[PDB]
Participant: 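This structure holds GDC-0853. Let me ask you some things about it.
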Amino acid sequence: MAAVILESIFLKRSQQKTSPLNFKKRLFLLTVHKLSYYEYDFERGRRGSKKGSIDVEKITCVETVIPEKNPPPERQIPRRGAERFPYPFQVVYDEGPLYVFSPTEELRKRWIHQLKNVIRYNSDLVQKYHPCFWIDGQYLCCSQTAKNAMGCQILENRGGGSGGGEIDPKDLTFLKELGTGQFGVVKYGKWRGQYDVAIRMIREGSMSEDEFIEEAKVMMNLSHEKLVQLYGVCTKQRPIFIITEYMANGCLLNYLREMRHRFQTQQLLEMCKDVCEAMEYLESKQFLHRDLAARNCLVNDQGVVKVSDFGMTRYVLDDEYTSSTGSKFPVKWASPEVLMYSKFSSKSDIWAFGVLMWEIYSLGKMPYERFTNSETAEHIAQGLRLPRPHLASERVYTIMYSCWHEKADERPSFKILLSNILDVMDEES
Ligand SMILES: C[C@H]1CN(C2COC2)CCN1c1ccc(Nc2cc(-c3ccnc(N4CCn5c(cc6c5CC(C)(C)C6)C4=O)c3CO)cn(C)c2=O)nc1
Ligand SMILES: [Zn+2]
């Protein structure tokens, strides 16, 4: 008994090369599972038989379509403010694009919104799309001769949807606790009892909410297989929620400290590759993490590590964590220029990444265990560096050691570190 999210009568266009285009009226049903269209008995006002359906999980984008240059009377905007259907929108999926015409502009805006609410958790959401129709075996925007051609224009939002990231909490279900972080409790749940999600309940007074909500517009569009995805936010309540991807195995630091796993060195290097891939992607987007550490990484059910809580440090209101000398400040992961002058940059993240590799190959051991936070800050500025873990070969140690140079300009980039890791994987394996 799946809930029907919407119910409307649309003008569905047939999906073809030399075949004729036919438009027919259909009743579309939208659920969390499928998007189906039926025949409609208008005289009896009754839904007819089913003529087709599309898997929700297979939809990659929903957006409007540039109207036709010379449409027929049935699909023209009226000259004077279920007969007319002059407002089209497209649903992109493997089986080419489905084109649906709406009678009113407001109705089209409601379906694109609800459709996005239903596909925002899909893993195949695209960042490009064809803003024009597909006619004569070709696209009118790019002239590609394949319905599965890569999008020719950039979408304003990942997966379409034209805020757009406002998830309604009535469809969320809390099922299990996941602990507490800097912003409060985090729980495991499902959206419409289907898509697994993690719900971050932000304690009031712990986050600069207004500043983050402005950045969530950009973080939502960031997507990488090794990056914990941000789905949306719930900001019409107290406290607000942040819906993100769910990671079953949890924190990486704890994951490394369970001696039962008995990791192989190949597994440890794969963890470094996963993180490096995510940082390289953030590096390409001018995005900084500012707090890279094993504690801030997560592991999924398949043992894949993903970077999480990237850029969230700029909104922490706790001074004990923001101040360079606060008890919560990550002194043991900060570069000398950060502790001395607060000079943050991509190279400061490279330093933390080198410490992250040291944590992975040390199986969650605290760095500079014999030193306190104050003792570490004074000694790392003099030349104190972490030793080579026992499970780390000399070549692997050379990679993490290169991240700890005195001059930030002398440290490698995430693009070079990935090449170094991929090189070791190809030789030491
Ligand atoms: C593995 C099982 C084991 N289980 C035992 C077995 O019986 C009990 C307990 C549960 N446990 C478990 C399972 C799954 C998960 N998954 C998730 C955890 C978290 C999570 C939870 C609590 N605190 C945090 N942190 C920690 C980091 N951080 C936070 C906010 C900020 C930071 C850094 C900052 C200062 C920049 C700001 C922050 O919120 C996080 C990471 O976001 C987030 N996401 C998306 C998840 O998917 N975690 C734990
Ligand atoms: Zn195109």
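Residues take their numbers from the sequence shown, with the count starting at 1. Looks like X-ray crystallography, 2.1 Å, at least that's what the header says. For ligands, and for the atoms within them, numbers begin at 1 and follow the listed sequence. Because only heavy atoms are used, hydrogens play no part in the values below, and waters and symmetry mates are left out as well, while side chains stay in.
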Participant: Give the place of GDC-0853 in the structure, all copies included.
Facilitator: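 All copies: ligand 1.
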Participant: Looking at this structure, what macromolecule is in contact with GDC-0853 the most, according to the PDB entry?
Facilitator: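 The chain with the most contacts is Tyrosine-protein kinase BTK.
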Participant: Which residues does the binding site of GDC-0853 contain at 4.0 Å, with heavy atoms considered?
Facilitator: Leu178, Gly179, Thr180, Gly181, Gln182, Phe183, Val186, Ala198, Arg200, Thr244, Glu245, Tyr246, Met247, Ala248, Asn249, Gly250, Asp291, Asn296, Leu298, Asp309, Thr313, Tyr321
Participant: Which UniProt domain of chain A has the most residues touching GDC-0853?
Facilitator: Protein kinase
Participant: What's the shortest distance from atom 19 (C) of GDC-0853 to any protein heavy atom, and which residue and atom give it?
Facilitator: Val186 CG1, 4.0 Å
Participant: Name the source organism of chain A according to the PDB.
Facilitator: Mus musculus
Participant: For atom 14 (C) of GDC-0853, find the nearest protein heavy atom and state the residue, atom name and distance (0.1 Å precision).
Facilitator: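 Ranking protein heavy atoms by distance from atom 14 (C) of GDC-0853, first comes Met247 O, 3.0 Å.
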Participant: Closest UniProt active-site residue of chain A with respect to GDC-0853: which is it, and what is the heavy-atom distance to 1 Å?
Facilitator: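 Going by UniProt and heavy atoms, that would be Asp291, 4 Å.
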Participant: Using distance alone, decide if GDC-0853 has a nitrogen or oxygen within less than 3.5 Å of any nitrogen or oxygen in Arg200.
Facilitator: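 Such a contact does occur with GDC-0853.
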Participant: Quick one: does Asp309 get an N or O within less than 3.5 Å of an N or O on GDC-0853?
Facilitator: yes
Participant: Polar-atom distance check: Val228 versus GDC-0853, any N or O pair below 3.5 Å?
Facilitator: no
Participant: Which of the UniProt-annotated residues for Zn(2+) binding in chain A lie within 4.0 Å of GDC-0853, counting only non-hydrogen atoms?
Facilitator: none
Participant: For atom 34 (C) of GDC-0853, what's the nearest protein heavy-atom neighbour? Residue, atom name and distance, please.
Facilitator: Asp291 OD2, 3.9 Å
